[PDB]
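Chain letters correspond, in order, to the sequence lines: A, then B, then on. So for chain A, numbering is the PDB entry's, and the shown residues are 1-10, in order. Residue numbering for chain B follows the PDB entry, covering 1-35, 37-57, 59-157, 160-162, 165-275 in order. Non-standard residues are represented by the parent amino acid or X, and atoms in excess of the parent are not counted as contacts. Side-chain atoms are counted along with the backbone in the values below, which use heavy atoms only and exclude waters and symmetry mates.
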Amino acid sequence: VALXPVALXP
Amino acid sequence: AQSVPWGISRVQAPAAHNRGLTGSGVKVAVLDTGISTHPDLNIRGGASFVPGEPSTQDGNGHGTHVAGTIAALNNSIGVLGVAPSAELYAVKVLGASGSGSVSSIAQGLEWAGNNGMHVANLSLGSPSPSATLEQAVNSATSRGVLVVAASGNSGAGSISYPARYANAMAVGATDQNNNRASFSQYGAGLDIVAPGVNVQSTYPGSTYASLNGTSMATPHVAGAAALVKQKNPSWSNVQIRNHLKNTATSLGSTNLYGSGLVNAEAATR
Ligand SMILES: [Ca+2]
Ligand SMILES: [Ca+2]
């Protein structure tokens, strides 16, 4: 997943 | 007229600029949503690894904003980057929606190592590890790239990946009072902090925007690394990394702030 706008994989 | 964002002043980039240190000749890759052409940016090149988005233009805004913190041009308009003469390369690994795959990010890191980038800015993360991502960070590091990554915006006391990997320098966010921003991830592996609240930078549509996050802190550090590289062209990625940490302004616990607030003046003196 993610921080704010950028996520990548869970 | 040109404005100097509070964060650029806070990290003392103008003092470095006064010594003639602007990041000239240093290649910096921004692994993000792209970088849009902008009157206050000079983009030297790049590549895209996002299927369906062949150009390096930015359909999100995030990459363009990050790029301007590193290298917005020193002129009579807009804002001013930490390293206004750095050579910016747009490596698009995230799409307009802001998401990407580990495969695309790894392709970007390989590109950075294969094409002579000295610094790679990764204002991105995930709460989960990936061996692919780890290998790509390690490979880029072995090829001379300083990988700088955001700690994350969950507010928790552990940091996101890839920042959590040893060979990535992890950057958290401070506010205008040099306090940790409440959203800024901290903990084991945190190297350093930089301004990440109300950061004004370049934005698509030839305009400017103020945004918050560890994504905005990270490019202050990538920019500072470019200043150190210009001053010391023979220095390796790890030497630059440690020097930034050793000259940072201590803020208290290394658990909350790492080595402290990046200081471009101290790092280039
Ligand atoms: Ca400017
Ligand atoms: Ca790390």
Which drug molecule is found at chain A in this structure? gramicidin S
Look up in UniProt the name of the chain making most contacts with gramicidin S. Subtilisin Savinase
Region of B:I107 that comes under 4.5 Å of a non-hydrogen atom in chain A (gramicidin S): side chain
Return the option, out of B:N62, B:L96, B:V95, with the maximum number of heavy-atom pairs under 4.5 Å with chain A (gramicidin S). B:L96
To which UniProt domain do the majority of residues of chain B contacting gramicidin S belong? Peptidase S8
For the interface with chain A (gramicidin S), which of B:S106, B:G127, B:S101 has the highest count of heavy-atom pairs at distances below 4.5 Å? B:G127
Residue part contacting chain A (gramicidin S), namely of B:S153, when any heavy atom lies under 4.5 Å: backbone
Hey, which organism does the entry list as the source of chain B? Bacillus lentus
